[PDB]
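The model below depicts De novo designed apixaban-binding protein apx1049 holding apixaban.
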Amino acid sequence: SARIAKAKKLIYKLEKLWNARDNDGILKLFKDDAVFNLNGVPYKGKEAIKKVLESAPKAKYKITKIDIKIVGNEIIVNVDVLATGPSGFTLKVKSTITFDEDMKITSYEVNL
Ligand SMILES: COc1ccc(-n2nc(C(N)=O)c3c2C(=O)N(c2ccc(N4CCCCC4=O)cc2)CC3)cc1
């Protein structure tokens, strides 16, 4: 409950971060050696993640469903997202975001 809502606040904070392309603000939510799994392709380290952030399309995202799981000291969050692209094509995407005990992102899978 406590860790659930805090994780939820982080997700909705991430939605605004993604739409404003606040890539610095996004990276601050990560661990240094976290992995951004972009469609089966992992990017370990904040240097490879910042690139993933900058190469992302100019998209608008809307959350449509949050699934929070407690696997101990880690919270695994599944989020359904409506991804609207730069030319109006709306696509259903999904993210699997894992937080550690200090609410830092250790893994961030996005599957399309
Ligand atoms: C219109 O259709 C698309 C298709 C693909 C892409 N596309 N491309 C890339 C890439 N080639 O890098 C990425 C994405 C994407 O959808 N990404 C993302 C997914 C979901 C979230 N959200 C939302 C808020 C809170 C939770 C959360 O995780 C944030 C960013 C980043 C990566 C965009 C649009």
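Note that chain A carries the PDB entry numbering, so the residues on display, from first to last, are 1-112. For ligands, and for the atoms within them, numbers begin at 1 and follow the listed sequence.
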Quiz item: Counting only heavy atoms, which portion of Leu112 has something under 4.0 Å from apixaban (ligand 1): side chain, backbone, both, or neither?
Solution: side chain
Quiz prompt | Contact check: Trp18 vs apixaban (ligand 1), nitrogen or oxygen atoms, below 3.5 angstrom | solution = no
Quiz item: Which one of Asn78, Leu91, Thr96 has a non-hydrogen atom at the shortest distance from atom 2 (O) of apixaban (ligand 1)?
Solution: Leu91
Quiz item: Is the shortest distance from a heavy atom of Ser55 to apixaban (ligand 1) less than 4.0 Å?
Solution: no
Quiz item: Does apixaban (ligand 1) have any atom sitting under 4.0 Å from a heavy atom of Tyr12?
Solution: no
Quiz item: Tell me, which protein residue and heavy-atom name are nearest atom 21 (C) of apixaban (ligand 1), and how many Å apart are they?
Solution: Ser95 OG, 4.0 Å
Practice problem: Pick one of side chain, backbone, both or neither for how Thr90 approaches apixaban (ligand 1), counting any non-hydrogen atom pair under 4.0 Å. | Solution: neither
Quiz item: Out of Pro86, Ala59, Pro57, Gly85, who gets a non-hydrogen atom closest to atom 9 (C) of apixaban (ligand 1)?
Solution: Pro57
Under 3.5 Å: N or O atoms of apixaban (ligand 1) paired with protein N or O:
{"from": "apixaban (ligand 1)", "atom 1": "17 (N)", "to": "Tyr61", "atom 2": "OH", "distance (Å)": "3.4"}
{"from": "apixaban (ligand 1)", "atom 1": "28 (O)", "to": "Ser95", "atom 2": "OG", "distance (Å)": "2.8"}
{"from": "apixaban (ligand 1)", "atom 1": "28 (O)", "to": "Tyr108", "atom 2": "OH", "distance (Å)": "2.4"}

